[PDB]
Protein chains: 2
Amino acid sequence: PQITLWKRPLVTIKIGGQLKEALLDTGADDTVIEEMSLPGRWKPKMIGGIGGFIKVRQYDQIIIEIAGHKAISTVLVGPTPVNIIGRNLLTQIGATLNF
Amino acid sequence: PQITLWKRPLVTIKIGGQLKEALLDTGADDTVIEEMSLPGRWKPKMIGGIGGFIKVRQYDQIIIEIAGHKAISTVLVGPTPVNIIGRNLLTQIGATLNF
Ligand SMILES: CC(C)(C)NC(=O)[C@@H]1CN(Cc2cccnc2)CCN1C[C@@H](O)C[C@@H](Cc1ccccc1)C(=O)N[C@H]1c2ccccc2C[C@H]1O
Ligand SMILES: [Cl-]
């Protein structure tokens with residue numbers, strides 16, 4: 001699709017076998033999902049936003065589907081106020097910002 | 001142009017007559033610029049991101065140029081880590097997210 005930006009560019013994702021809504025975020029380097037149970041090994045990380053930092057669980061090689069695109073990438077899980085799809089996955093689905 | 005997302009989507013902006021670099025951010029509702037001297041009336045506001053909220057100066061009806069595209073909009077100024085161009089201005093220059 002070509003997504004206009006009058007509202008938040010939200011898409012449906014599947015992660016850990018669960019359907020969720022997430023924000024396509026060109027300003028985010030990484031993909032960060034709200035606190036959930038996810039199976040697998042992980043390692044701690046801290047990531048920085050506009051209001052400071054949060055601690056997350058970094059999961060490598062996680063299967064995730066984004067607006068029907070089947071992907072495999074690193075997914076961070078932590079106390080983000082919104083599910084965020086960042087550049088690591090925007091690149092996998094071939095997204096571009098056009099003007 | 002059409003900007004891929006292998007790298008941060010950084011562009012040159014002009015604000016207050018001064019050239020700066022900024023991030024085109026579809027995940028940002030608003031536009032927030034690092035602390036700078038900008039003429040004009042303003043009022044305080046809070047904006048929230050990962051990590052919490054920050055207090056900024058809200059300037060209404062500010063002229064700004066984004067990668068050669070002029071626009072007039074609300075611009076926030078405060079202790080943001082990076083200059084961010086949000087949806088309020090992305091929509092004004094006709095930007096879309098495509099995949
Ligand atoms: C990987 C991670 C997600 C942590 N990235 C960010 O938070 C980066 C941080 N940098 C900075 C950075 C910090 C440290 C290291 N490298 C980079 C600045 C830009 N953000 C990207 C933003 O797009 C993220 C969104 C998330 C969000 C959306 C809706 C509601 C809550 C949170 C964001 O912060 N948006 C907020 C926002 C932003 C600007 C203006 C107004 C508003 C309101 C709101 O839309
Ligand atoms: Cl859960």
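Proteins come first, then strands; the chains are lettered A, B, ... in the order of their sequence lines, and each starts at number 1. Note that ligands are numbered from 1 as they come in the structure, with each ligand's atoms numbered from 1 the same way. Per the header: X-ray crystallography, 1.5 Å. Just so it is clear, the values below take in all heavy atoms, side chains as well, and ignore hydrogens, waters and symmetry mates.
- The compound at ligand 1 is the drug or drug candidate indinavir.
- Looking only at contacts, the largest set of contacts to indinavir comes from what the PDB entry names Pol polyprotein.
- Counting only non-hydrogen atoms, chains lying under 4.0 Å from indinavir: A, B.
- The deposit lists the origin of chain B as Human immunodeficiency virus 1.
- Residue B/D29 has at least one nitrogen or oxygen atom sitting less than 3.5 Å from a nitrogen or oxygen atom of indinavir, judged on distance alone.
- Counting heavy atoms only, A/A28 comes closest to atom 2 (C) of indinavir of the residues A/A28, A/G78, A/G27, A/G52.
- Closest to atom 36 (C) of indinavir among all protein heavy atoms lies B/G48 O, 3.1 Å.
- Taking any N or O of A/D25, backbone or side chain, at least one lies under 3.5 Å from an N or O belonging to indinavir.
- Taking 4.0 Å as the cut-off, B/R87 does not count as a neighbour of indinavir on heavy-atom distance.
- Checked by distance only, indinavir and B/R8 come closer than 3.5 Å through their nitrogen or oxygen atoms.
- The closest approach between a heavy atom of A/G86 and any atom of indinavir is not below 4.0 Å.
- The contact residues of indinavir, taking heavy atoms under 4.0 Å, are given as A/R8, A/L23, A/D25, A/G27, A/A28, A/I47, A/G48, A/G49, A/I50, A/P81, A/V82, A/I84, B/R8, B/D25, B/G27, B/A28, B/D29, B/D30, B/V32, B/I47, B/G48, B/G49, B/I50, B/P81, B/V82, B/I84.
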